[PDB]
Amino acid sequence: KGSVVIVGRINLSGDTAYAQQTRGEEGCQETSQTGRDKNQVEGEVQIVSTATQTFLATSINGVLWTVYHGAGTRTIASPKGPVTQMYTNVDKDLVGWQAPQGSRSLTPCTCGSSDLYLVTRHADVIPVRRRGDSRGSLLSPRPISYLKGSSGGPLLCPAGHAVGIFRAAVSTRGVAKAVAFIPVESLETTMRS
Ligand SMILES: *[C@](O)(C(=O)NC1CC1)[C@H](CCC)NC(=O)[C@@H]1[C@H]2CCC[C@H]2CN1C(=O)[C@@H](NC(=O)[C@@H](NC(=O)c1cnccn1)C1CCCCC1)C(C)(C)C
Ligand SMILES: [Zn+2]
């Protein structure tokens, strides 16, 4: 097995979103195998790694959420050693840990806006137009490479509240046309029986 390892962070507090890498490929390979990570955590969105993949994870209501197809049943490396998952929902493709010390949690969106904002792993903020429970159109199509690594990141309100967790793109010939996401309501259902 192995722990998922925070290799970075996205800050959404200020006027513009930015990414910081805080750990390289060699130091991440090391920390996955110990499960002990003494680095300072900050931000709403974390950049996380397994042995194969690098993607996002997002704190909402005190829980760091990401995708199950990326994270699996893995522990997360922390300053007190490896932390077990608090929630595992394979049906909803959703796993969550106790939000790490240092982090900030997003609030669930209560406004029902269909104007969403996808935060990518490069801290690009892309407008998405909500279409149903779990889908949204891209106002501009992108190469899927643009979104590769963003699984686990948030879709936001215009108010900066969590609408959902990005998990997949609908793609034709390497051009993403839409995004699929885990709605924040599903995260709420997961905590609430
Ligand atoms: C995300 O996990 C990530 O950042 N991973 C780190 C980089 C390694 C990653 C982000 C991709 C934009 N997500 C995925 O890889 C997801 C996962 C979760 C669900 C299945 C796999 C594949 N996947 C995708 O996003 C794919 N999308 C699809 O398979 C969609 N299907 C189509 O687009 C399609 C199918 N038939 C004909 C034409 N188009 C399905 C559609 C239904 C909902 C699930 C996604 C790719 C093709 C990788 C974009
Ligand atoms: Zn809202």
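Since chain A takes its numbers from the PDB entry, the residues it shows come out as 989-1181. FYI, side chains are in, hydrogens and waters are out, and symmetry mates aren't considered; it's all heavy atoms of this structure. Determined by X-ray crystallography, 2.5 Å, according to the entry header. Every number for a ligand or one of its atoms is a count from 1 in the order of the listing.
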(message) So what drug did they put at ligand 1?
(response) telaprevir (bound form)
(message) Could you walk me through which residues contact telaprevir (bound form), taking a 4.0 Å heavy-atom cut-off?
(response) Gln1041, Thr1042, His1057, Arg1123, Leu1135, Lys1136, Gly1137, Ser1138, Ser1139, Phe1154, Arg1155, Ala1156, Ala1157, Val1158, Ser1159
(message) Going by a strict under-4.0 Å cutoff (protein heavy atoms only), does atom 35 (C) of telaprevir (bound form) have a neighbour on the protein?
(response) no
(message) So, regarding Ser1138 and telaprevir (bound form) (criterion: nitrogen or oxygen to nitrogen or oxygen, under 3.5 Å), is there a contact or not?
(response) yes
(request) Name the closest protein heavy atom to atom 49 (C) of telaprevir (bound form), giving the residue it belongs to and the distance to 0.1 Å. (result) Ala1157 O, 3.4 Å
(message) Give me the residue, atom name and distance of the protein heavy atom closest to atom 48 (C) of telaprevir (bound form).
(response) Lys1136 NZ, 3.4 Å
(message) I'd like to check which telaprevir (bound form) atoms, numbered from 1 as shown, lie under 4.0 Å from a non-hydrogen atom of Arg1123.
(response) 42 (C)
(request) With heavy atoms of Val1158 as the reference, note each atom of telaprevir (bound form) found under 4.0 Å away. (result) 33 (O)
(message) If I apply the N/O under 3.5 Å rule, does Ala1156 come out as touching telaprevir (bound form)?
(response) no
(message) Please report whether atom 15 (O) of telaprevir (bound form) has a protein non-hydrogen atom at a separation of less than 4.0 Å.
(response) yes
(message) What protein heavy atom lies closest to atom 38 (C) of telaprevir (bound form)? Include the residue and the distance to one decimal.
(response) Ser1159 O, 3.9 Å
(request) Specify whether the nearest protein heavy atom to atom 21 (C) of telaprevir (bound form) is under 4.0 angstrom away. (result) no
(request) Using distance alone, determine whether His1057 and telaprevir (bound form) share an N or O pair under 3.5 Å. (result) yes
(request) Look up the covalent bond partner of telaprevir (bound form) and give residue and atom, or none. (result) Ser1139 OG
(request) Give the residue and atom name of whichever protein heavy atom lies nearest to atom 7 (C) of telaprevir (bound form), and the separation in Å to one decimal. (result) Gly1137 N, 3.2 Å
(message) Closer than 4.0 Å and a protein heavy atom, does any atom meet both conditions relative to atom 28 (C) of telaprevir (bound form)?
(response) yes
